Student: 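In this model we see clofarabine bound to Nucleoside 2-deoxyribosyltransferase.
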Amino acid sequence: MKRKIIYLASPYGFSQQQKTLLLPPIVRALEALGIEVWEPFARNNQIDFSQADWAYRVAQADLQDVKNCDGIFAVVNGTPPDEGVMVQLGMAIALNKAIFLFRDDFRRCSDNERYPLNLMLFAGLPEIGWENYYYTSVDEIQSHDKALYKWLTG
Amino acid sequence: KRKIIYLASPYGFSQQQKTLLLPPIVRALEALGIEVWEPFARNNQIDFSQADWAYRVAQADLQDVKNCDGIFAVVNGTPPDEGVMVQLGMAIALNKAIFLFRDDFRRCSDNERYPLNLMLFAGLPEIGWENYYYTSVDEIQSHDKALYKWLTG
Amino acid sequence: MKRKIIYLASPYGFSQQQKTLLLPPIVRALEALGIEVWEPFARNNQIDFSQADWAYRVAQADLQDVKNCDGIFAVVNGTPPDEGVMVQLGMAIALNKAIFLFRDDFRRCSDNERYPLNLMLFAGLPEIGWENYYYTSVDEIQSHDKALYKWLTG
Amino acid sequence: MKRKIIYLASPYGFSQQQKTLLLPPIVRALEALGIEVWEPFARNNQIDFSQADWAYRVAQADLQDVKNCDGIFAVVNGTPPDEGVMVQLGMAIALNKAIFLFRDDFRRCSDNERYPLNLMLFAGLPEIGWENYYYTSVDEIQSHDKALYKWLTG
Ligand SMILES: Nc1nc(Cl)nc2c1ncn2[C@@H]1O[C@H](CO)[C@@H](O)[C@@H]1F
Ligand SMILES: Nc1nc(Cl)nc2c1ncn2[C@@H]1O[C@H](CO)[C@@H](O)[C@@H]1F
Ligand SMILES: Nc1nc(Cl)nc2c1ncn2[C@@H]1O[C@H](CO)[C@@H](O)[C@@H]1F
Ligand SMILES: Nc1nc(Cl)nc2c1ncn2[C@@H]1O[C@H](CO)[C@@H](O)[C@@H]1F
Ligand SMILES: [Mg+2]
Ligand SMILES: [Mg+2]
């Protein structure tokens, strides 16, 4: 059937080693669920970075990808989470996309007891049961008891 | 008549920043005839004894961005605040007017065109985005920049 | 009560509003205790930024000032705390300077349950009683029940 | 003769995927030069993390490790660099250890023209030729033309 499209938002493309070693396993786990993965660092591989307007066109391309995804899978590691990822997450919330968060970072960093991060990151998630959309390890992505799988199966 | 600006900032996280940094910016925005929605003030009366206060603040902030006319996002720091970034994103996706403020003199970015991550500028024009980018509090009321022009059609 | 030299390490010089509104109140609070305050953004205001070596000169003068102060007063607001403040805090720890920390940020941001920040920031403070060196408001700075006041009388 | 000891300071132990996949390749790059690698997350994995005082014990062990290493190899990826790495780098500078910086993150984030990061990170490096101590990929670590190799071989 038409594979669901996930926009995989991450800061992992800014580092040589992270792009090479951290992203492929996450892409693989998502694809093992039957997902069509739009990964921005891969999807922008061929830009003419010769050109001065390259940054604006990457921004417009990323904006179109988020508007056309079915859901976002946002890597929100780091203190704080990446600002580009955060802009993409807020776009997804406002457009009623499916929302899934990933953080295998064990530091807690927040102003509230309910959420391990700034509360805005959870605005598009339900009040009760948001943890089902919150993944804390790559091997958890495949879980039939978590929200990504449930969302794929109607 | 007056347009509504959502003033997104991390300045409510420090007692000193909330009292000393925010009022001057609120004053500058109001002196242009803008009705300013400042989230830390607008949620002063939310029951912070309750466990669900974080969810109610998040929905209130989401509703405010949906109902504001523009966002005025304080994007100081390396990197800019993540909640501000989420709210700027809602605003871009909802076709709100967008204005950015950064009086931080550090450059922190992935590109030479823009002083920050290019996603922050996704909702601004390709040419002339700098007219929407304020680098000092006293620049806010400048008649040559985008905020004043936006009020006067 | 002695006139000891405090190096006042902060990121508040990087923002125009912060430099003029947040930093002076902390300078005054320390000076109200009879401290000689070494504030780096003012102390290096007489440097020649016109030529390209100004960053190496400022880095060296900051290093000397930590070498010669009696204690550091590190403003460790932000998520995370400022990296230059962090380097200078590490210099002061290794140099056995007195250590005092300031955080009026409400957000707890940490690896661990003992301390509100990354544990390394506290390596130079006692195992028990470190709270007495940890200041969470401008008003608290002058309290005679906290370590800064007692250090001046020692 | 005793092998030179490098303290490998990084935030990579806070993320399960980063600890597993990013650290081993760097440890191997350093060991292939004959270095004894002190990596803090592994060196403290035997501490009893059920007890409340573990945070203090890790801080003191990290402090002692920096005092007893010959050099530090500081992973300063991220915006900004990790605050614990920064404290450990500051300790290393004040204690006249050899200093080496690693950043394969292509984002530039700084207050100056000369350096790609906050100028304090370079205070322990010479004014001229500091780039020789600054590594931008795992593959560069072994370069016979950069400062680590020269430091090992007199
Ligand atoms: N320079 C950039 N290149 C690419 Cl391919 N993507 C970028 C860039 N800057 C920001 N982004 C986008 O924003 C996030 C990283 O900040 C990613 O989800 C996505 F890559
Ligand atoms: N705790 C918070 N309270 C309020 Cl009223 N707003 C918050 C809170 N945490 C995050 N935010 C929202 O996100 C931004 C700061 O992260 C602000 O624009 C806005 F306040
Ligand atoms: N550009 C800088 N100028 C001065 Cl005077 N000090 C600086 C600069 N960049 C970093 N620092 C120093 O490091 C910290 C800020 O990162 C301060 O404690 C101290 F100011
Ligand atoms: N929880 C921590 N455990 C260990 Cl072993 N080291 C830590 C911890 N938190 C901070 N650090 C130290 O500071 C840096 C990470 O912030 C590392 O160089 C070193 F690990
Ligand atoms: Mg099919
Ligand atoms: Mg299955």
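A, B, C, ... go to the sequence lines in the order they are written. All residue numbers given for chain A refer to the PDB entry; the residues shown span 1-154 in order. Chain B is numbered as in the PDB entry; shown residues: 2-154, in order. We number chain C the way the PDB entry does; in order, the residues shown are 1-154. Since chain D takes its numbers from the PDB entry, the residues it shows come out as 1-154. All ligand and atom numbering here is 1-based and tracks the order in the structure. The figures that follow rest on heavy atoms only: side chains count, while hydrogens, waters and symmetry mates do not.
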Student: Report the positions of clofarabine in this structure by ligand number or chain letter.
Tutor: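 Every copy is at ligands 1, 2, 3 and 4.
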Student: From which other chains does some heavy atom lie less than 4.0 Å from clofarabine (ligand 3)?
Tutor: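 Other chains under 4.0 Å (heavy atoms): C, D.
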Student: Report the part of C:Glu83 (side chain from C-beta onward, or backbone N, CA, C, O) that has a heavy atom under 4.0 Å from clofarabine (ligand 3); answer both or neither where that applies.
Tutor: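 Under 4.0 Å from clofarabine (ligand 3), C:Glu83 contributes no heavy atoms.
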Student: Okay, about chain B - what name does the entry use?
Tutor: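 The PDB entry has it as Nucleoside 2-deoxyribosyltransferase.
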Student: Would you say C:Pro11 contacts clofarabine (ligand 3), with heavy atoms under 4.0 Å as the rule?
Tutor: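 Flag not set, C:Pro11 not near clofarabine (ligand 3).
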Student: Below 4.0 Å from clofarabine (ligand 3): does a non-hydrogen atom of C:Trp54 turn up there or not?
Tutor: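 Per 4.0 Å heavy-atom rule, C:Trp54 contacts clofarabine (ligand 3).
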Student: Per the PDB, what organism is listed as the origin of chain C?
Tutor: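 Going by the entry: Chroococcidiopsis thermalis PCC 7203.
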Student: Heavy atom under 4.0 Å from clofarabine (ligand 3): found in D:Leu119's side chain, backbone, both, or neither?
Tutor: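 Side chain only.
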Student: Under 4.0 Å, heavy-atom basis, I'd like to know which part of D:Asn112 is in contact with clofarabine (ligand 3): side chain, backbone, both or neither.
Tutor: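 It is neither; nothing of D:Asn112 touches clofarabine (ligand 3).
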Student: I'd love a list of the residues lining clofarabine (ligand 3) within 4.0 Å - heavy atoms, by chain and number.
Tutor: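 At that heavy-atom cut-off, the site is C:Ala9, C:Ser10, C:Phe14, C:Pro40, C:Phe41, C:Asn44, C:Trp54, C:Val58, C:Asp62, C:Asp82, C:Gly84, C:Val85, C:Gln88, D:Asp111, D:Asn118, D:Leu119, D:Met120.
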